[PDB]
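A short worksheet on the structure shown next.
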Amino acid sequence: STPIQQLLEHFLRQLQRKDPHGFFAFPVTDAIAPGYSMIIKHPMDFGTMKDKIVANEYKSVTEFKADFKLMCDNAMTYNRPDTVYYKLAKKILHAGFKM
Ligand SMILES: CCN(CC)CCNC(=O)c1c(C)[nH]c(/C=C2\C(=O)Nc3ccc(F)cc32)c1C
């Protein structure tokens, strides 16, 4: 466990606490969200981010934040504003930017 890995695992744990039901914690399927794989060119989720930490693909907190922002932007693009997914993506994007 390197310092960067420890730091990012801490950040990821705090972010996921804002998503207790795992809206953003798994690879979305077209069966769940028809059209998703065509609309969202660069999908991202917390499970994939955890794997990228372990593979040590993040060389910076800025890279980690880029993936988090991507995850949130994707959810706010596919889902209409009056949905639980858009609303939670917006709230955790803002709260993640704090830390
Ligand atoms: C007929 C469909 N109805 C009109 C929209 C509502 C039904 N909607 C549903 O069932 C549904 C469910 C149960 N999950 C999602 C989508 C996502 C999810 O869970 N995590 C995500 C993360 C990113 C993202 F971009 C989409 C999702 C939908 C659309």
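Shown for chain A, in order and in the PDB entry numbering: 138-236. Every number for a ligand or one of its atoms is a count from 1 in the order of the listing. When the header is checked for method, it gives X-ray crystallography, 1.5 Å. Only heavy atoms go into these numbers, but all of them, side chains included; no hydrogens, no water, no symmetry mates.
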Pick for ligand 1: sunitinib, tinengotinib, latanoprost acid: sunitinib
Partner of sunitinib (ligand 1) with most atom pairs under 4.5 Å, per UniProt: Bromodomain-containing protein 9
Nitrogen or oxygen of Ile169 less than 3.5 angstrom from that of sunitinib (ligand 1): no
Non-hydrogen protein atom less than 4.0 angstrom from atom 5 (C) of sunitinib (ligand 1): yes
Top UniProt domain of chain A touching sunitinib (ligand 1): Bromo
Atom indices of sunitinib (ligand 1) within 4.0 angstrom of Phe161 heavy atoms, with elements: 22 (C)
Nearest-option assignment for atom 26 (C) of sunitinib (ligand 1), heavy atoms, candidates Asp210, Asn216, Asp182: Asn216
Atom indices of sunitinib (ligand 1) within 4.0 angstrom of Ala212 heavy atoms, with elements: 23 (C), 25 (F)
Deposit source organism, chain A: Homo sapiens
Atoms of sunitinib (ligand 1) close to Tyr173 [distance to a heavy atom under 4.0 angstrom, numbered from 1]: 24 (C), 25 (F)
Test item, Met208 contacting sunitinib (ligand 1) (heavy atom, 4.0 angstrom): no
Per-atom contact, atom 13 (C) of sunitinib (ligand 1), protein heavy atoms, under 4.0 angstrom: yes
Contact residues, sunitinib (ligand 1), heavy atoms 4.0 Å: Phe160, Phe161, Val165, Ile169, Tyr173, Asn211, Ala212, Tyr215, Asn216, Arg217, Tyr222
